[PDB]
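Chains get letters A, B, ... in whatever order the sequence lines come in. Per the PDB entry, chain A residues shown: 741-790, in order. All chain B residue numbers match the PDB entry; in order, they span 544-592. Chain C is numbered as in the PDB entry, which gives 988-1036 for the residues shown. Note that these values count all heavy atoms, side chains included, but never hydrogens, waters or copies made by symmetry. Cropped entry; intra-crop contacts only. Whatever order the structure lists ligands and atoms in, that order sets their numbers, starting from 1.
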Amino acid sequence: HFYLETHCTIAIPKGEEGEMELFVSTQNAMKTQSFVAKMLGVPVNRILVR
Amino acid sequence: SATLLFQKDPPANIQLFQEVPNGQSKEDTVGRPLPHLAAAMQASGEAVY
Amino acid sequence: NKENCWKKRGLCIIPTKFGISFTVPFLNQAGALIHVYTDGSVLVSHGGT
Ligand SMILES: O=C(O)c1ccccc1O
């Protein structure tokens, strides 16, 4: 692909109820959210992707 | 009594409220004394201000 | 009060009523936003804090 900006993610752990807010260079916020959630073992509503 | 030093008395606390209908689902918490959802995190200092 | 010269007890019972609603009509409005994600978990958002 050679997108000038390579892959990048910033994940912010709140410390409450497994909550996490992520800033990601992605075309798929949904999958990023569910995939992060699945790996963590928390409901999808705990993950916010921006 | 004017010569008596302050004496704390024994506390007494009673709360009265109504129970929910006998046939109300265990998952329907409306009317039940459910603790504040963030209370555990507030007690642990994890709640973020 | 008859048995005490320098200490007295008082007792009072009072009622109260409080009108419910912003007295500014247009403030009596509320909104909510709800998302159900594919895992079935729900995320509720509303105007209150
Ligand atoms: O209680 C009200 O009537 C009220 C009205 C406007 C703004 C804040 C308020 O609490």
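The molecule at ligand 1, chosen from caffeine, salicylic acid, dichloroacetic acid, alafosfalin, is salicylic acid. Counting heavy-atom pairs under 4.5 Å, the chain with the most contacts to salicylic acid (ligand 1) is listed in UniProt as Xanthine dehydrogenase/oxidase. Going by heavy atoms, the other chains that come closer than 4.0 Å to salicylic acid (ligand 1) are C. Neighbouring residues of salicylic acid (ligand 1) under 4.0 Å (non-hydrogen atoms) are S1008(C), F1009(C), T1010(C), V1011(C), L1014(C). Those atoms of salicylic acid (ligand 1) with a heavy atom of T1010(C) less than 4.0 angstrom away are 2 (C), 3 (O), 5 (C). The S1008(C) neighbourhood of salicylic acid (ligand 1) comprises atoms 3 (O), with distances under 4.0 Å to a heavy atom of that residue. Those atoms of salicylic acid (ligand 1) that come under 4.0 Å of a heavy atom in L1014(C), given as number and element, are 6 (C), 7 (C). When only non-hydrogen protein atoms are considered, atom 4 (C) of salicylic acid (ligand 1) lies nearest to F1009(C) CD2, 3.8 Å.
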Less than 3.5 Å apart, N/O on salicylic acid (ligand 1) and N/O on the protein: could you list those pairs with the distances?
unit_1	atom_1	unit_2	atom_2	d
salicylic acid (ligand 1)	3 (O)	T1010(C)	N	2.7
salicylic acid (ligand 1)	3 (O)	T1010(C)	OG1	2.8

